[PDB]
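Order of sequence lines = order of chain letters (A, B, ...). Residue numbering in chain A adheres to the PDB entry, whereby the residues present occupy positions 69-389, 395-519 in order. Chain B is numbered as in the PDB entry; shown residues: 3-273, 286-349, in order. Every number for a ligand or one of its atoms is a count from 1 in the order of the listing. Structure determined by X-ray crystallography, 1.9 Å. Below, all heavy atoms of this structure are taken into account, side chains as well, without hydrogens, waters or symmetry copies.
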Amino acid sequence: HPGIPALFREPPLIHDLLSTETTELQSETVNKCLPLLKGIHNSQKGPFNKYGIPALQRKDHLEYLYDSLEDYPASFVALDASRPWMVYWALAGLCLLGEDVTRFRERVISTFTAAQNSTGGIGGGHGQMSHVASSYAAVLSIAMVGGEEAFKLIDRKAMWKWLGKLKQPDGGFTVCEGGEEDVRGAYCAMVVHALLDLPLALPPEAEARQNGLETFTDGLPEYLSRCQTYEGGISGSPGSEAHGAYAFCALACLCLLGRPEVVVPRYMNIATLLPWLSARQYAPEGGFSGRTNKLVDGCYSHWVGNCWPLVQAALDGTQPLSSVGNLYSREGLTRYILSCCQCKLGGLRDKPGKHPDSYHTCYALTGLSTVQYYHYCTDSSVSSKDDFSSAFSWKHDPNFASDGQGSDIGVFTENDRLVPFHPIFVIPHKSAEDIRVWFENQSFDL
Amino acid sequence: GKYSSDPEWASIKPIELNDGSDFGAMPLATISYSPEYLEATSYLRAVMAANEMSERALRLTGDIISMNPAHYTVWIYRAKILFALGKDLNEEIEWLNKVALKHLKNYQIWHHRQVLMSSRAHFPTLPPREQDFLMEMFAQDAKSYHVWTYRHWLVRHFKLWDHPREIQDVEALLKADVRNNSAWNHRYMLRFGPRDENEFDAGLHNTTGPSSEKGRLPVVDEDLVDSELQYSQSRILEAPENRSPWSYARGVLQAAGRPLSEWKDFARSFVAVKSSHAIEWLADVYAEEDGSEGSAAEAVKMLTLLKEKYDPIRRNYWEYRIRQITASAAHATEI
Ligand SMILES: Cn1cncc1[C@@](N)(c1ccc(Cl)cc1)c1ccc2c(c1)c(-c1cccc(Cl)c1)cc(=O)n2C
Ligand SMILES: CC(C)=CCC/C(C)=C/CC/C(C)=C/COP(=O)(O)OP(=O)(O)O
Ligand SMILES: [K+]
Ligand SMILES: [Zn+2]
C-alpha cells in the first residue's frame, strides 16, 4: 500500500554488530510486526484506509468484551484477587466503543457489595482484605454505570478511615495494610479519594499523624519527586528503574494536586522527563515500550500515551475560555494499535504472538482514543470546591482524521472514533464529573 | 473435602463463599473455582475472622499459595502468623526460594521476602547466600523489575553500596548483555544514589532543591566520576547504539555538576553515523553549553539529521527542541 511510509516498513538504519539477548528479542519483535504494519498478513481484516491501515474491528471487540464479563473456568484462579479489575477493563472498553453500560448497574452493585469490607475499602472478593487497586477499579466501574443506587453502595467514612491507614511517613501509600508501597498505590488511593470527595484531613487517629503528617497529600509530591531517576523517567519506588507505567501514575497524581503547569515543573525535572518519554516510542513498530531497551507493548498506549496530555498541559498552561502540540507520533501509535494489536477473533493484545486479554484490550483502546482528541485543562471546573479543582477542569476537542502526510496526523478513520476518556481518571469525562458532583453534595457520614 | 474431614480442622467452621450469586442480579466476571480452592479459602476466611495464629493456619496459607500465589491477602496473613509464632525465618526463606523459582513473574513473593528480611532480630547481617540467590533469578530473567527492586532495598537495608559483590554482579550482567538497563540503573544507585540514613530514600540527590538541579551531589569524588565516565565510554564502544550507557553518562555528569561538553570529542568520533545518541549529545552541547555564534545553527543541523534519518519517529520532539533553540538564539540576537 502506497500510503505506508518507509519508516514503518523497514528496521532502523543504525545496527550494532554485537548481538545480545536484548537485540535478539528486539529483532524478533520487529520481524513479527513488519508484515502486519505492511498490511499483508493473512490474519488481518479490512477495509484498509488511505494510509494502509485496517479498520478498528468494533463488532469483534464488542463481542470479546461482553464475553469477558461472564464466567471463567477454574484455570483462571490466578485472577481471583483481581476480579474488580476485570469488571473495569470490560466496562471501559465497552464505553470507549460507544456502548451504554447503564444496564450493568444492578450486576455491578451485586459484584462489589460482597467485595466491600465493613472496616472500609474494597478487596478482590469476599474475604479478601481491601486493596487500593480493587477500590480504584470498583469506583471507576461504579462511575461508568452511574446511578444513585451504585453511588450509595460505598461506605464513604469507612473508606476514608481505611485509606488513612495506608498513608506512610515518607508521604506515599501502601496498596493494602501490610502490602507494598509504590506510586501505583499513591495514584489509586488519590483517585478514589478525589472521586468520592473524601476529607483532605487524615482521620484523627491515623498512624501517619505520629509522623507529622496531617492530610492525605502531605509529603506526597515530595515522595513522587524522589521517584524520578537519572534517566528522566519515574520509577515504582525510589531508586528503582524508570518505567512508563509509574510515570503515568506519578504525573496523574501530581495533576490531582494542582494545575499541571505549576505542580509538574516544581516536582519533576521536565528537561530529563521529556526526552525519556519521547524515547519510549520505536520505529518501525510505532508503539511504546515501558523502559529503556525493552519491548513495545499495546498497553503502554495508555500508560505512556496518556502521559503526553499531562506533560503538554504542563508546558502549555491552563487554557482560558498557543500549544506545543503533540510531541510524539500519533501516526506511529495508531499504526501499532490497529495494524499489530488487533486479534482476528476479537480483543486486543500486548504484541503479535500474544493472546488477547481484557487488560490489553482496555488499554490499547484507551490509547487509541487519546490520539483522537485534544485534551487540555481549563479555568472552568465542574467541582464546587478547590481541592482537585484543576483535575475537574479537563475538557476535550476532537482531533479529526487527517489527509495527506505530516508530522502530526490522524491516520485512523472517523469510523474508528472512540469516546473520549479523562486523562487522569481513565473514564469518560461525564462519568467522572457526575460521581464527583454527587458526592460533593452529600454530607460526610457520621 | 480435605479440610472438612481432618480432625485437625474440626474445631473451626468454614465460611462459605458469598459472591452475590443468590442476592439480586448475577455478579460479573465470576470464576468457577475448583472444589479444593473453594474449601481452602472457606477455611481461610474462618481463621482470619478469628484472627487465629496457629501452625494449622500457617499450613493452610502454604496450601492456598500453592494453588494461587497471586492471592495478596494470604501472603500478608502468612507473614502475621510467622512473626506471631516466632517461626524460624531462615527456614521460611528456604521455602520462599522454591516458590520464587517456580513463579518467576510473581511479585507478591518479593514483597514477602522484604517483610521477612527487614527483621533485624532474625537477619542482623546479609545472609551468606542471599546475593547468590538473586543471581539465580537474574540468570533466568536479567531484567526482572521486582527482583531488582528487592535488590535496591537490600543494598540500602544492609548498607551494601560499596560491597564488592554488588558491583561485581552488575558487571557480570553487563558483560552478558551490555544493553541491560536494569543493571545500569542499579549501578547508578551503588555509585551515585543518596545514602543518608536520616533522609527518606530517593533515586536522586538534591530533591529538596530546584528540579533542574535534581541529582546534584553535595560532595563530588572526582576520581570516581572519571572512572565511571571511562567505564561508560568503554561499554559504549562495544555497541554505540545502546542507549543505556549514554543515559548513565548524562546522569553521572549531572550528579558531578560537569557539562556535557566534556564528551564533545567522544561524541564527534561517532559522526557516517554510528550512534544516534552521539548526535543527540552534540545537539545539546551546541545548544545549551556553547555560547559562540553558529553553535545554535549546528544544534539545529543535528536535530534535523535525527528527525529526517536517525530517529524520525521522534520528529515532533526534535522539532520542539529546534523551536526552543531558535527562540533562544533570537533572544540572544535581540540583546
Ligand atoms: C508488566 N505488564 C505489562 N503488560 C501487562 C503486564 C502484567 N505483567 C502486569 C503485571 C503487574 C501489573 Cl500491576 C500490571 C501488569 C500483566 C500481564 C498479563 C495480565 C496482567 C498483567 C493482568 C493484570 C492483573 C492484575 C493487575 C493488572 Cl493491572 C493487570 C491481567 C491479565 O489478564 N493478564 C493477561
Ligand atoms: C494503576 C496500575 C495498576 C498501574 C500499574 C500498571 C503497570 C503495567 C505495572 C507494572 C510495571 C512494571 C513492574 C512492569 C514490569 O514487568 P515486565 O518486565 O513484564 O514488563 P516490561 O518489559 O514492559 O517492563
Ligand atoms: K493491582
Ligand atoms: Zn502490556
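In this structure, of raltitrexed, tipifarnib, danusertib, doxazosin, belvarafenib, the molecule at ligand 1 is tipifarnib. The name the PDB entry gives to the main binding partner of tipifarnib (ligand 1) in this structure is CaaX farnesyltransferase beta subunit Ram1.
Other chains, heavy atom under 4.0 Å from tipifarnib (ligand 1): A. Binding site of tipifarnib (ligand 1) at 4.0 Å, heavy atoms: A:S150, A:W153, A:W157, A:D365, A:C367, A:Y368, A:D430, A:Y432, A:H433.
When hydrogens are left out, the protein atom nearest atom 12 (C) of tipifarnib (ligand 1) is B:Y109 CE2, 4.9 Å; that is the closest non-hydrogen contact. Nearest to atom 1 (C) of tipifarnib (ligand 1) among the protein's heavy atoms is A:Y368 OH, 4.0 Å.
Per-residue contacts place A:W157 under 4.0 angstrom from the following atoms of tipifarnib (ligand 1) (heavy atoms of the residue considered): 23 (C), 24 (C), 27 (C), 28 (Cl), 29 (C), 30 (C). The contact set between tipifarnib (ligand 1) and A:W153, taken as ligand atoms under 4.0 Å from a residue heavy atom, comprises 26 (C). Protein non-hydrogen atoms do not reach within 4.0 Å of atom 9 (C) of tipifarnib (ligand 1).
Looking only at protein heavy atoms, the nearest one to atom 15 (C) of tipifarnib (ligand 1) is A:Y432 OH, 4.1 Å. Within a 4.0 Å radius of atom 17 (C) of tipifarnib (ligand 1), the protein contributes no non-hydrogen atoms. Atom 3 (C) of tipifarnib (ligand 1) lies below 4.0 Å from at least one non-hydrogen atom of the protein.
Listed by number with element, the atoms of tipifarnib (ligand 1) under 4.0 angstrom from any heavy atom of A:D365 are 3 (C), 4 (N).
The deposited model's entry lists chain B under the name CaaX farnesyltransferase alpha subunit Ram2. The A:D430 neighbourhood of tipifarnib (ligand 1) comprises atoms 34 (C), with distances under 4.0 Å to a heavy atom of that residue.
Other ligands and ions less than 4.0 Å away from tipifarnib (ligand 1) are, by number and name, ligand 2 (farnesyl diphosphate), ligand 3 (potassium ion), ligand 4 (zinc ion). At a distance under 4.0 Å, a protein heavy atom can be found next to atom 27 (C) of tipifarnib (ligand 1).
Applying the 4.0 Å criterion to heavy atoms of A:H433 picks out, from tipifarnib (ligand 1), the atoms 4 (N), 5 (C).
Looking from atom 25 (C) of tipifarnib (ligand 1) to the surrounding protein, the closest heavy atom is A:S150 OG, 3.4 Å.
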